[PDB]
Asker: 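A structure from the PDB, with saquinavir included.
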Number of protein chains: 2
Amino acid sequence: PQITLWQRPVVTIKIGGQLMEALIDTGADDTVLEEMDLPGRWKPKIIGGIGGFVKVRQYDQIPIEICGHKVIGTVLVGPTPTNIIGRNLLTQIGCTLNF
Amino acid sequence: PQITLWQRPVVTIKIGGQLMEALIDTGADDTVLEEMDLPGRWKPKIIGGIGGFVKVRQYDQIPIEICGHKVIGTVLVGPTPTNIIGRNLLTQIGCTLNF
Ligand SMILES: CC(C)(C)NC(=O)[C@@H]1C[C@@H]2CCCC[C@@H]2CN1C[C@@H](O)[C@H](Cc1ccccc1)NC(=O)[C@H](CC(N)=O)NC(=O)c1ccc2ccccc2n1
């Protein structure tokens, strides 16, 4: 579909059989969701945002269903206030920027 | 143009009669630039990011020529790794997400 930028581009994702709301973010190199337990093991990871660096878990190759398109990929889990779908899973769902 | 997400979406903007590289970021509400002083007066603002809250200068109603379309809006300036083009000035050029 064609989503507009008048409001934040929020889509529902299905990770772990449960649905939540995520935010389409083309500026993020990776995907970072709010802290929780996912069905796998994790490693530690450090990623930086505006203002400072954060410490997150790194669940690798998790199967996440982004709005009809099923994908697999690395999701980071940390103290973020909003779930972010970065450009690792977006390129998978065939997402582009047009203007 | 039709931009893909395999690479980071880097668009060149002209602000202050100077050219600079910027990132097309749909997750950012505001447009944040590198530390510098452009034409005009400023007021304060504290924005948030993944790694906490940072302090920036707010330059209101500034003319930026994104990708050739001359547009207007508030540009923030403070400490940031890259120049960010948020949703406020994206809508102005008619940017959309599609998949
Ligand atoms: C710019 C501003 C208006 C403040 N908005 C945001 O920062 C919003 C705020 C939203 C609500 C709070 C939680 C985060 C989301 C998404 N972020 C957008 C979001 O896209 C943000 C923009 C950004 C890019 C580069 C440098 C700094 C900031 N990116 C990020 O946070 C990603 C996270 C990641 N590793 O995937 N950081 C980077 O992609 C990234 C890349 C290289 C870097 C080099 C040095 C230091 C930091 C670096 N950060």
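A, B, C, ... go to the sequence lines in the order they are written. Using the numbering of the PDB entry, the residues shown for chain A are 201-299, in order. The numbers used for chain B are those of the PDB entry, and the residues that appear cover 1-99, in sequence. Computation of the quantities below employed the complete heavy-atom set of this structure, encompassing side-chain atoms and omitting hydrogens, waters and symmetry-equivalent molecules. For ligands, and for the atoms within them, numbers begin at 1 and follow the listed sequence.
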Asker: Hey, which chain has the most contacts with saquinavir here? Just the name the PDB entry gives it.
Answerer: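 The largest contact count goes to protein (protease).
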Asker: Identify the other chains in heavy-atom contact with saquinavir at a 4.0 Å cut-off.
Answerer: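 Non-hydrogen contacts: A, B.
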Asker: Out of all atoms in saquinavir, which are within 4.0 Å of some heavy atom of B:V32? Include the element for each.
Answerer: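 Checking each atom against B:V32, I get 1 (C), 3 (C).
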Asker: Looking only at protein heavy atoms, which one is nearest to atom 10 (C) of saquinavir, and what is the separation?
Answerer: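 For this ligand atom, the closest protein heavy atom is B:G27 O, 4.1 Å.
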Asker: Report, in ascending order of atom number, the atoms of saquinavir lying under 4.0 Å from any heavy atom of B:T82.
Answerer: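 Those qualifying, in numeric order: 25 (C).
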Asker: What protein heavy atom sits nearest atom 46 (C) of saquinavir, and how far off is it?
Answerer: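 The closest heavy atom on the protein side is B:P81 CG, 3.8 Å.
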Asker: Going by distance only, is there an N or O of A:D229 that falls short of 3.5 Å from an N or O of saquinavir?
Answerer: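 For saquinavir, there is an N or O atom that lies under 3.5 Å from one belonging to A:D229.
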Asker: Can you sort out which atoms of saquinavir are near A:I284, meaning under 4.0 Å from one of its heavy atoms?
Answerer: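 So the answer, numbered in order with elements, is 14 (C), 15 (C), 16 (C).
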Asker: Any non-hydrogen atom of A:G286 lying under 4.0 Å from saquinavir?
Answerer: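 For saquinavir, residue contact (heavy atoms, under 4.0 Å) with A:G286 is absent.
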Asker: Tell me which protein heavy atom sits closest to atom 3 (C) of saquinavir, plus the residue, atom name and distance to 0.1 Å.
Answerer: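 Going by distance alone, atom 3 (C) of saquinavir is nearest to B:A28 CB, 3.5 Å.
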Asker: Considering only non-hydrogen protein atoms, determine which one is nearest to atom 31 (O) of saquinavir and report residue, atom name and distance to 0.1 Å.
Answerer: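 Protein heavy atom at minimum distance: A:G249 CA, 3.5 Å.
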Asker: Using a 4.0 Å cut-off to any heavy atom of A:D230, which atoms of saquinavir qualify?
Answerer: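 With A:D230 as reference, the close atoms of saquinavir come out as 36 (O).
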Asker: Within the structure, does at least one protein heavy atom fall under 4.0 Å of atom 43 (C) of saquinavir?
Answerer: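 No.
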Asker: Please list, in number order, the atoms of saquinavir under 4.0 Å from a heavy atom of B:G48.
Answerer: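 Going through saquinavir atom by atom, the ones under 4.0 Å from B:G48 are 4 (C).
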Asker: Just need the protein heavy atom nearest to atom 28 (C) of saquinavir, so name the residue and atom and give the distance.
Answerer: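 Protein heavy atom with the smallest distance to atom 28 (C) of saquinavir: A:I250 N, 3.7 Å.
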Asker: For B:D25, take its heavy atoms, then give the atoms of saquinavir lying under 4.0 Å from any of them.
Answerer: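 Under 4.0 Å from B:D25, saquinavir has these atoms: 18 (C), 19 (C), 20 (O), 22 (C).
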Asker: Which atoms of saquinavir sit under 4.0 Å from any heavy atom of A:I247?
Answerer: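 Those of saquinavir that fall under 4.0 Å from A:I247 are 35 (N).
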Asker: Within 4.0 Å of saquinavir, heavy atoms only, which residues of other chains turn up?
Answerer: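 Sure - by heavy atoms, that gives A:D225, A:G227, A:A228, A:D229, A:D230, A:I247, A:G248, A:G249, A:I250, A:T280, A:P281, A:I284, B:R8, B:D25, B:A28, B:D30, B:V32, B:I47, B:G48, B:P81, B:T82, B:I84.
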